[PDB]
*Asks:* 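What we have here is dihydrotestosterone in complex with Androgen receptor.
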Amino acid sequence: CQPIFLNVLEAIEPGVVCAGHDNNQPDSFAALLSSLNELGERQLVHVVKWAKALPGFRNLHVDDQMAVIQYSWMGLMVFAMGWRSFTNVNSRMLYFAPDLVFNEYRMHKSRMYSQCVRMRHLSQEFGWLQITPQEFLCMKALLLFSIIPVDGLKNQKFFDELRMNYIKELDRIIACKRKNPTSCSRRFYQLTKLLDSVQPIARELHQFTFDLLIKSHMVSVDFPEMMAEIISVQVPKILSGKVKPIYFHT
Ligand SMILES: C[C@]12CCC(=O)C[C@@H]1CC[C@@H]1[C@@H]2CC[C@]2(C)[C@@H](O)CC[C@@H]12
């Protein structure tokens with residue numbers, strides 16, 4: 001029996017994305033954040049293509065498709081970056097891109113040191129929890145369906161159904177080599193705790209980027225088209241409490 005679901009997730013996984021950062025120049029706040037913003041713009045293009053190729057995603061109302069992507073991108077990108085950091089440099093640094101790797105000095109220079117430390121902790125958890133490449137893929141997909149508007153989506157029912165199917169696939173991945181129901185529940189607990197942990201980090205970054213966009217002209221930080229739109233139109237809905245994450249635990 002071939003693993004159709006996982007076959008698809010592996011097949012659609014985005015390739016390497018570079019930031020275009022000039023590493024020959026001394027580090028500066030403006031240059032580092034402008035590069036992170038450009039990386040975000042570039043990654044968004046891949047995240048959209050990736051999401052639209054996910055099993056059942058096209059079932060969602062067209063308006064909900066773009067909405068969930070615009071609300072969940074931060075968590076999705078942070079999670080993927082944490083995994084890249086773990087696999088490429090064993091979490092020694094934050095591997096935003098091959099040409100944008102942050103050591104502690106850069107974390108400090110970026111002015112979001114504490115947030116970077118939390119993301120490095122997340123990266124380490126991939127190792128501590130022995131997250132498999134397959135669990136990573138399924139968990140990342142679940143992050144796309146982890147934050148929605150309190151007033152409901154266009155077709156909330158289709159979303160609920162799709163999210164439930166992805167949770168079901170996570171169950172199947174956990175039960176693969178586990179014949180003990182207790183070991184399965186234990187793993188589900190670990191993975192859902194990890195997934196929940198992504199949200200507070202995303203929230204802190206949402207706040208940071210929102211504040212930065214508002215004063216971007218004062219600090220010489222460039223925000224590309226899509227990033228500026230999403231951070232001024234969608235992110236505030238999250239910060240004002242109109243759009244909220246779906247937590248597993250309390
Ligand atoms: C999502 C990105 C870029 C893609 C990635 O690897 C994760 C990383 C997390 C920090 C984000 C950054 C995009 C640009 C942001 C939003 C900056 O404005 C401040 C926080 C940055």
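Numbers for residues simply follow the sequence, beginning at 1. For the numbers below, each heavy atom of this structure counts, side chains included, while hydrogens, waters and symmetry mates do not. Order of appearance sets the numbers: ligands from 1, and atoms from 1 within every ligand.
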*Asks:* Can you pull out the closest protein heavy atom to atom 11 (C) of dihydrotestosterone (ligand 1)? Residue, atom name and distance to 0.1 Å, please.
*Replies:* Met74 SD, 4.3 Å
*Asks:* Measure from atom 2 (C) of dihydrotestosterone (ligand 1) to the protein's non-hydrogen atoms and state whether any distance is below 4.0 Å.
*Replies:* no
*Asks:* Do me a favour and list the nearest non-hydrogen protein atom to atom 9 (C) of dihydrotestosterone (ligand 1) with residue, atom name and distance?
*Replies:* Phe96 CE2, 3.9 Å
*Asks:* With a 4.0 Å cut-off on heavy atoms, is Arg84 touching dihydrotestosterone (ligand 1)?
*Replies:* yes
*Asks:* Please state which protein non-hydrogen atom is closest to atom 21 (C) of dihydrotestosterone (ligand 1) and give its distance, to 0.1 Å?
*Replies:* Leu36 CB, 4.5 Å
*Asks:* Specify the protein heavy atom at minimum distance from atom 14 (C) of dihydrotestosterone (ligand 1): its residue, its atom name, and the distance to 0.1 Å.
*Replies:* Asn37 OD1, 3.3 Å
*Asks:* In the protein, what heavy atom is nearest to atom 16 (C) of dihydrotestosterone (ligand 1), and what distance, to one decimal place, separates them?
*Replies:* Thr209 OG1, 3.3 Å
*Asks:* Among the UniProt-annotated 17beta-hydroxy-5alpha-androstan-3-one-binding residues of chain A, which come within 4.0 Å of dihydrotestosterone (ligand 1) by any heavy atom?
*Replies:* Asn37, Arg84, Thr209
*Asks:* Of the listed options (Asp211, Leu205, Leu213, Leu212), which comes nearest to atom 10 (C) of dihydrotestosterone (ligand 1) when hydrogens are ignored and any heavy atom counts?
*Replies:* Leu205
*Asks:* Give yes or no for whether the N/O distance cutoff of 3.5 Å, strictly under, is met between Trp73 and dihydrotestosterone (ligand 1).
*Replies:* no
*Asks:* Write down the UniProt domain of chain A that holds the majority of residues in contact with dihydrotestosterone (ligand 1).
*Replies:* NR LBD
*Asks:* Should you measure from each heavy atom of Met81, which atoms of dihydrotestosterone (ligand 1) turn up under 4.0 Å away?
*Replies:* 6 (O)
*Asks:* Can you sort out which atoms of dihydrotestosterone (ligand 1) are near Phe208, meaning under 4.0 Å from one of its heavy atoms?
*Replies:* 19 (C)
*Asks:* Name the residues that contact dihydrotestosterone (ligand 1) at heavy-atom distances below 4.0 Å.
*Replies:* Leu33, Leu36, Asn37, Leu39, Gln43, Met74, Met77, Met81, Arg84, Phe96, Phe208, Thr209, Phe223, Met227
*Asks:* Which protein N or O atoms sit under 3.5 Å from any N or O of dihydrotestosterone (ligand 1)? Give each pair with its distance.
*Replies:*
{"residue": "dihydrotestosterone (ligand 1)", "atom": "6 (O)", "partner": "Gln43", "partner atom": "OE1", "Å": "3.4"}
{"residue": "dihydrotestosterone (ligand 1)", "atom": "6 (O)", "partner": "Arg84", "partner atom": "NH2", "Å": "3.0"}
{"residue": "dihydrotestosterone (ligand 1)", "atom": "18 (O)", "partner": "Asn37", "partner atom": "OD1", "Å": "2.7"}
{"residue": "dihydrotestosterone (ligand 1)", "atom": "18 (O)", "partner": "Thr209", "partner atom": "OG1", "Å": "2.7"}

